[PDB]
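The following structure: lestaurtinib with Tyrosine-protein kinase JAK2.
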Amino acid sequence: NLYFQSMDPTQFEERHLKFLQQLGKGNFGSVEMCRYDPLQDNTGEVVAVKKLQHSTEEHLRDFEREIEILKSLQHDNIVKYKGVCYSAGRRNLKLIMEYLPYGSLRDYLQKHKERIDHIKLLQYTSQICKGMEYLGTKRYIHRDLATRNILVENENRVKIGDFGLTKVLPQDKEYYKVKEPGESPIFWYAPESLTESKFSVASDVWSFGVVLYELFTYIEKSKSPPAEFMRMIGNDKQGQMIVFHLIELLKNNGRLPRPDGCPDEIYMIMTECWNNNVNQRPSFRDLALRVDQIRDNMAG
Ligand SMILES: C[C@]12O[C@H](C[C@]1(O)CO)n1c3ccccc3c3c4c(c5c6ccccc6n2c5c31)CNC4=O
C-alpha cells in the first residue's frame, strides 16, 4: 500500500514510441514494430511492442506476471526485455522488447530454405535447449514451445520468444496444475498435460521433441504436427472427439513419424523426449550436451 513498485515510467514514453507496422498475433495479445525516437530526429531504435488483445482485469494481471518473467531473464537465446510503456497517460501497459528481423522460426524455415541445412537445424536445436536450461534455473515452465513462438535474429541465432503461457512452479512441487485452461496447443502437449492439466520441465521437454520434429520437417506442407495427428486420427473428426483420440493414440504409443531425410539419431532424440513416463524424459542439459556432441563429432 504505502509504497507502490513500478518499472521506470519515463524509460519508454508513449509520445516517442512511433507505430510502424504490425508484426503478428501471439498468446493473449499482438505485437507491433515501433521506433523509439526520443530525440525526434528520425534516429532511435526499432523495438517490438506487445499489447493485449482483450484488456480485461484478469488478462492485465497475467500480463504483468509475463512482463516480470521476461524481465527476470537475461540469456543469449531468450528475446531481450527492454522495458514497459505506460501508455494512454499511464492507464495502459505495453511490453517493449528488442526487434529480431526474421520473425518466427516457423516462418523463417518456410521462407528461407535457401540457407538452412542440417548443421543450422542442430545449431538452432542447441540454442533452444540452452534457453530452456536457463528457464529451468528460475523454475519457469514455458508451456508453449513451438517454432511459432521462437524468434530468429539472424541465420546463426534464435531466441525463445512468446512467454504468454509461462508459469512459475510452486515452491513445494515439481509441476504446475492449470486450473482455468483456455486455448490449448494440444498437438504439442504431453499426455499428462492433456489428461491431468499438469505442466513441468518434463512436459516442456515433450514439447521440445515436437519442436525438433518441426525443424526437421522444414515446415513442409502436410507434415506439421496438427496435420499429421489429424491424418492419424481421421481428418473428419471434430470437437472433443479429436482430443479423445489424441489421448488414446499417445497413451498407446502412437507418435509423429520420422521426417523425410531425418537422421535416425535425431529421430531417437525426439522419441526419447516423447516418453509417457515423465521421469524418464531427458533433461534439457542432457539434450544440449548430446546435440553439441553430435555437432562436434562431425568432420572439422
Ligand atoms: C506474435 C509474434 O509475432 C511475430 C512472431 C510471433 O511470435 C508470431 O508467430 N513476430 C515478428 C514477425 C516479424 C518480425 C519480427 C517479429 C517479432 C518479434 C517479437 C515477437 C513476439 C514476442 C512475444 C510474443 C509474440 C511475438 N511475436 C513476435 C514477432 C519480439 N521481437 C521481434 O522482433
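Sequence positions, counted from 1, serve as the residue numbers for this chain. Order of appearance sets the numbers: ligands from 1, and atoms from 1 within every ligand. Atoms considered below: every heavy atom in the structure, side chains included; atoms not considered: hydrogens, waters and symmetry mates.
Contact analysis leaves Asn149 out of contact with lestaurtinib, as no non-hydrogen atom separation drops below 4.0 angstrom. The organism that the entry gives for chain A is Homo sapiens. The nearest non-hydrogen atom to atom 15 (C) of lestaurtinib, considering only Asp144, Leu100, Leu95, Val49, comes from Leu100. Annotation for lestaurtinib: atoms under 4.0 Å from non-hydrogen atoms of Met97 are 22 (C).
Under 4.0 Å from lestaurtinib, heavy atoms of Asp162 appear from its side chain as well as its backbone. Counting the atoms of lestaurtinib from 1 in the order shown, those under 4.0 Å from a heavy atom of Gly24 are 1 (C), 3 (O). In the candidate list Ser104, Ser30, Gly29, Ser104 is nearest to atom 5 (C) of lestaurtinib, counting heavy atoms.
Polar contact with lestaurtinib: present for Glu98 (N/O pair, distance under 3.5 Å). Lestaurtinib places these atoms under 4.0 Å from at least one heavy atom of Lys50: 23 (C), 24 (C). Counting atoms of lestaurtinib from 1 in the listed order, those under 4.0 Å from a heavy atom of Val31 are 20 (C), 21 (C), 25 (C), 26 (C), 27 (N).
Note: no N/O pair closer than 3.5 Å links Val79 and lestaurtinib by distance alone.
Defined by non-hydrogen atoms within 4.0 Å, the binding site of lestaurtinib is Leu23, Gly24, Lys25, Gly26, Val31, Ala48, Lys50, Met97, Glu98, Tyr99, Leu100, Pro101, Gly103, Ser104, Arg148, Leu151, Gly161, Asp162.
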